[PDB]
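Written below as structure tokens is the structure these notes are about.
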Amino acid sequence: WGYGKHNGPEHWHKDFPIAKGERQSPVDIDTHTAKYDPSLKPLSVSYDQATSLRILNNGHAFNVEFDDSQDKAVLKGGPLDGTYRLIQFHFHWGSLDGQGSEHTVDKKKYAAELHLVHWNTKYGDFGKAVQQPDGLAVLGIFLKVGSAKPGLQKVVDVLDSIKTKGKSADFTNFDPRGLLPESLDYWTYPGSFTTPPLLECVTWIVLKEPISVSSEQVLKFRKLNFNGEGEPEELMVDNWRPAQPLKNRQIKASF
Ligand SMILES: CC(=O)Nc1nnc(S(N)(=O)=O)s1
Ligand SMILES: [Hg+2]
Ligand SMILES: [Zn+2]
């Protein structure tokens, strides 16, 4: 599967029939139809103990991986019941600044989207959490092009080392708190992974406020490759899935 004409999102249903399911992601967030729900609690992001391990180009995005053997970096509160552990974060971006996010807000696309993936610890490991309707919680953050985000720079600087598919580099002591917006206001709805296998195990929490990154920072993302070393070079750009039918789900807003 991939993102090109012949293996892109419109073809994914043939190998993963869940592509046409009832709670697929991403979706367009219509701000006027979202329901303010006053019983939604504040989010609790406790990332002071986080331990990053490595950064990896996996052929469709680059992931920073975290040590999740202990409650080191956790998400709770919000719409969640239970503690969810951070296992990795990745981005989806475009070839041009006016496209790149997966979720849109009143049909507006942003330059990129950050996903911080968490799994529900009551299920014991990640592989069990993908068997449950509330197994995962992904925190989504929009990126707009503007001033440099200083906290993103270590990530941008290592990208040359993992240019092609399969490469990795040790990436310790990166603090994910430098990627968070000021406000933790959010929208939440029940959804899925946005890449195959597209499992419907995710409570999505999409933050209202985007973070700014510079043009130079998002250009470095665009220099990555989909292909492996020694293959024809395919630039890793536009690795996003288009919005899916909300199909009678309700988007709740914390504000
Ligand atoms: C192993 C893993 O994390 N897989 C994911 N697949 N899609 C994801 S996304 N784009 O919805 O955050 S995370
Ligand atoms: Hg599931
Ligand atoms: Zn993602």
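Here chain A follows the PDB entry, giving residues 5-125, 127-260 in order. As a basis for the values below, the full set of heavy atoms in this structure was taken, side chains included, without hydrogen atoms, waters or symmetry mates. Whatever order the structure lists ligands and atoms in, that order sets their numbers, starting from 1. Quick check of the header: X-ray crystallography, 1.9 Å.
Choosing among acetazolamide, methoxsalen, aminosalicylic acid for ligand 1 gives acetazolamide. Ranked by contacts, the chain bound most extensively to acetazolamide (ligand 1) is, in the PDB entry, carbonic anhydrase II. At a 4.0 Å cut-off, at least one heavy atom of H94 sits close enough to acetazolamide (ligand 1) to count as contact. When chain A is restricted to the residues UniProt lists for substrate binding, the ones with a heavy atom within 4.0 Å of acetazolamide (ligand 1) turn out to be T199, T200. For chain A, the UniProt active-site residue nearest to acetazolamide (ligand 1), measured heavy atom to heavy atom and given to 1 Å, is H64, 7 Å.
For chain A, the PDB entry reports the organism Homo sapiens. Between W209 and acetazolamide (ligand 1), no N or O atom pair is found at a separation short of 3.5 Å. Atom 5 (C) of acetazolamide (ligand 1) has its nearest heavy-atom neighbour, among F131, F93, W245, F198, in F198. Those atoms of acetazolamide (ligand 1) with a heavy atom of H96 less than 4.0 angstrom away are 10 (N). Taking distance alone, with nitrogen or oxygen atoms compared against 3.5 Å, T199 approaches acetazolamide (ligand 1) more closely than that limit.
For acetazolamide (ligand 1), the other ligands and ions with an atom under 4.0 Å away are ligand 3 (zinc ion). The protein atom (non-hydrogen) at minimum distance from atom 2 (C) of acetazolamide (ligand 1) is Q92 NE2, 3.7 Å. Looking at the UniProt Zn(2+)-binding residues of chain A, I find a heavy atom under 4.0 Å from acetazolamide (ligand 1) for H94, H96, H119. When the heavy-atom distances from atom 6 (N) of acetazolamide (ligand 1) to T200, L141, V143 are ranked, the shortest goes to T200. Residues of chain A near acetazolamide (ligand 1) cluster mainly in the UniProt domain Alpha-carbonic anhydrase. Within 4.0 Å of acetazolamide (ligand 1) on heavy-atom distance sit the residues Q92, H94, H96, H119, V121, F131, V143, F198, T199, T200, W209.
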Expected rows: acetazolamide (ligand 1) N/O, protein N/O, dist below 3.5 Å:
unit_1	atom_1	unit_2	atom_2	d
acetazolamide (ligand 1)	3 (O)	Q92	NE2	3.0
acetazolamide (ligand 1)	6 (N)	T200	OG1	3.0
acetazolamide (ligand 1)	7 (N)	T200	OG1	2.9
acetazolamide (ligand 1)	10 (N)	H94	NE2	3.3
acetazolamide (ligand 1)	10 (N)	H96	NE2	3.4
acetazolamide (ligand 1)	10 (N)	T199	OG1	2.5
acetazolamide (ligand 1)	11 (O)	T199	N	2.9
acetazolamide (ligand 1)	11 (O)	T199	OG1	3.4
acetazolamide (ligand 1)	12 (O)	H94	NE2	3.4
acetazolamide (ligand 1)	12 (O)	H119	ND1	3.4

